[PDB]
Amino acid sequence: XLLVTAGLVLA
Amino acid sequence: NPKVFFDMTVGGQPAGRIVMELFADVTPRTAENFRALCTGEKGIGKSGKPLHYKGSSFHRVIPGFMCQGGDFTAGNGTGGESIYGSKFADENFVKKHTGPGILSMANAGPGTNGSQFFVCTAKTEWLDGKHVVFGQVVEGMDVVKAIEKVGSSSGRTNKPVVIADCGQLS
């Protein structure tokens, strides 16, 4: 999807 | 409220100055962390590298969404380090993702704030309550547009986007 993460990029 | 800046290069070419106002009057802890990482005030972190955004890159850019950076530790999106000696709590979620230039904290779930941040290139309402908004681009949003232009759907840039210089403006 459209997330903003730090390590595991999700959908 | 303090104002900090990034002088950017895109593909080695100077692209301009991004000027950001930090909401210290709303998010004092989060603002101070960002502000300090702009000046380099605190020196060397536990990672052995300067607590300083200078020289770091935007490693994840999705056009129409946001530009992500803040990894001055590993320089690959896995690193980053706050000034508090560890990851810090979500201070509050008073400020919402209301449009372009919104400056917010990237994380790895609740209470995992480090140094990684993102600048929105549109409204990102779905991130409300999950990511601490702590600033707003007030000058040089056109520079962010130049960064957005080299992004992709995967988030991979096609030119290196670098913070050539950075610091505090007021």
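Sequence lines map to chains A, B, C, ... one by one, in the order shown. Heads up, chain A uses the PDB entry numbers, so what you see runs 1-11. The numbers used for chain B are those of the PDB entry, and the residues that appear cover 3-172, in sequence. Modified residues are rendered as parent or X, with their additional atoms omitted from contacts. We use all heavy atoms of the structure for the numbers below, so side chains are in, but hydrogens, waters and symmetry mates are not.
- Considering pasireotide, semaglutide, bremelanotide, sifuvirtide, cyclosporin A, the one found at chain A is cyclosporin A.
- By contact count, the main macromolecule holding cyclosporin A here is known in the PDB entry as Peptidyl-prolyl cis-trans isomerase.
- Counting heavy atoms under 4.5 Å, the binding site of cyclosporin A comprises B:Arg62, B:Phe67, B:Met68, B:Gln70, B:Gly79, B:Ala108, B:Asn109, B:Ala110, B:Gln118, B:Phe120, B:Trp128, B:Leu129, B:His133.
- For cyclosporin A, residues with a heavy atom less than 4.5 Å from chain B are A:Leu2, A:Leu3, A:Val4, A:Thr5, A:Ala6, A:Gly7, A:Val9.
- The PDB entry identifies chain A by the name cyclosporin A.
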